[PDB]
Amino acid sequence: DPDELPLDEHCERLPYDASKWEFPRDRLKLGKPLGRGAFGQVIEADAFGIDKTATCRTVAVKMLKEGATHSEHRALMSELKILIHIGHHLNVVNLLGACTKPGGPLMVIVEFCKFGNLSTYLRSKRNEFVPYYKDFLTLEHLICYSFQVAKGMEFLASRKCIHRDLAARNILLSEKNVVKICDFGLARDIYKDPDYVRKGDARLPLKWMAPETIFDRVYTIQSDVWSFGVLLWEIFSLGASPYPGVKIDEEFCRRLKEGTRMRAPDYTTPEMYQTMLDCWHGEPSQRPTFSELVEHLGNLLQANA
Ligand SMILES: CNC(=O)c1cc(Oc2ccc(NC(=O)Nc3ccc(Cl)c(C(F)(F)F)c3)cc2)ccn1
């Protein structure tokens, strides 16, 4: 049903309103790289007056790199188009502008998120965590981050988009404990990153993928719910790697379809662990929706206080 169909499958027909989004290249001061893949990269920049008149703003710019071809260039343009269609939400990395004019590289300019990816950040805070000390993480923070990602994903779903690589490495942490969903995409070196496992010609985030995705190449909002459950485990393990000590092979995939699930992580509550189990239902339609996750996590956040 084309009304169920994720926008992004048909990105090429979406509009690029240059009068709204185009940002002069001479108003962008490029700085240090923030991430590089084989074909893409993100670099830090200072943008003069991109979102507020005459004010310097630190931003992140996604662009291509040596190795990329015309097809990566097309892909980045369609990424720009989907970000415009999606629009602004607190809990999604916000598009600020683009440089698309001939003579320079295509640049997709988004907000800079001070503390980087959530996995790395949580893993740095094992010694600065208490369940209930300024700058210490607490159980409240962790539940709050969970709630925030569910809000951003509910928003993504409302825009008829799905994620396909939802994981703590694709959550950014800003000031004031705001987390933002992103997708590094081409700016991540998936061939060097052990989170992506060779499967055919592709390198795939198998530990985050729902059984229907692994076996039938089916991507839906409900397979995103499965990944959200894995993200929850990452949050409540303070950034540990999923399925610890487990070879990700055909027998891993088999046991998963059979019903094997991860054990509770070190910092979880019982109801957070049950929520992970819910997200990991074998049948996609029996998983909670993001709207249901929002309501439930909102209740947990309230109960925690
Ligand atoms: C220390 N701080 C940093 O290193 C840092 C690095 C950044 O790098 C990035 C720059 C741009 C992006 N681009 C997206 O995210 N593109 C995207 C595409 C589809 C869809 Cl669907 C989505 C969505 F909606 F899921 F969000 C997002 C990702 C990361 C940003 C901020 N800070």
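Residue indices begin at 1 and follow the sequence shown. Just so you know, ligand 1 is whichever comes first in the structure, and atom 1 is the first atom listed for that ligand. Because only heavy atoms are used, hydrogens play no part in the values below, and waters and symmetry mates are left out as well, while side chains stay in. Looks like X-ray crystallography, 2.0 Å, at least that's what the header says.
The drug observed at ligand 1 carries the PDB name sorafenib. The chief contact partner of sorafenib (ligand 1) in this model is named by UniProt as Vascular endothelial growth factor receptor 2.
Contacts with sorafenib (ligand 1) closer than 4.0 Å are made by side-chain heavy atoms of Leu156 only, the backbone lying farther away.
In the deposited model, no covalent bond links sorafenib (ligand 1) to a chain. Taking any N or O of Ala60, backbone or side chain, none lies under 3.5 Å from an N or O belonging to sorafenib (ligand 1).
The nearest heavy-atom contact from the protein to atom 21 (Cl) of sorafenib (ligand 1) is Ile86 CD1, 3.9 Å. Annotation: atom 28 (C) of sorafenib (ligand 1) to nearest protein heavy atom, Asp183 O, 3.5 Å. Near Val42, meaning under 4.0 Å from one of its heavy atoms, sorafenib (ligand 1) places the atoms 7 (C), 8 (O), 9 (C), 10 (C). Per the entry, the species of origin for chain A is Homo sapiens.
Given atom 22 (C) of sorafenib (ligand 1), the protein heavy atom at minimum distance is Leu83 CD2, 3.9 Å.
UniProt ATP-binding residues of chain A with a heavy atom under 4.0 Å from sorafenib (ligand 1): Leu34, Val42, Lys62.
Residue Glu111 places a heavy atom less than 4.0 Å from sorafenib (ligand 1). By minimum heavy-atom distance to 1 Å, the UniProt active-site residue of chain A closest to sorafenib (ligand 1) is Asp165, 8 Å. The protein heavy-atom contact nearest to atom 4 (O) of sorafenib (ligand 1) is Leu34 CB, 3.5 Å. Taking a cut-off of under 4.0 Å to the non-hydrogen atoms of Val110, the atoms of sorafenib (ligand 1) that pass are 10 (C), 11 (C).
Residues of chain A near sorafenib (ligand 1) cluster mainly in UniProt domain Protein kinase.
The single protein non-hydrogen atom nearest to atom 18 (C) of sorafenib (ligand 1) is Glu79 OE2, 3.4 Å, given as residue, atom name and distance. For the ligand labelled sorafenib (ligand 1), residue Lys114 lies inside the 4.0 Å heavy-atom shell. Binding site of sorafenib (ligand 1) at 4.0 Å, heavy atoms: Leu34, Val42, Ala60, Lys62, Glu79, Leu83, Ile86, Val93, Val110, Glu111, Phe112, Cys113, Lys114, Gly116, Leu156, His163, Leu172, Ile181, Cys182, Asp183, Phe184.
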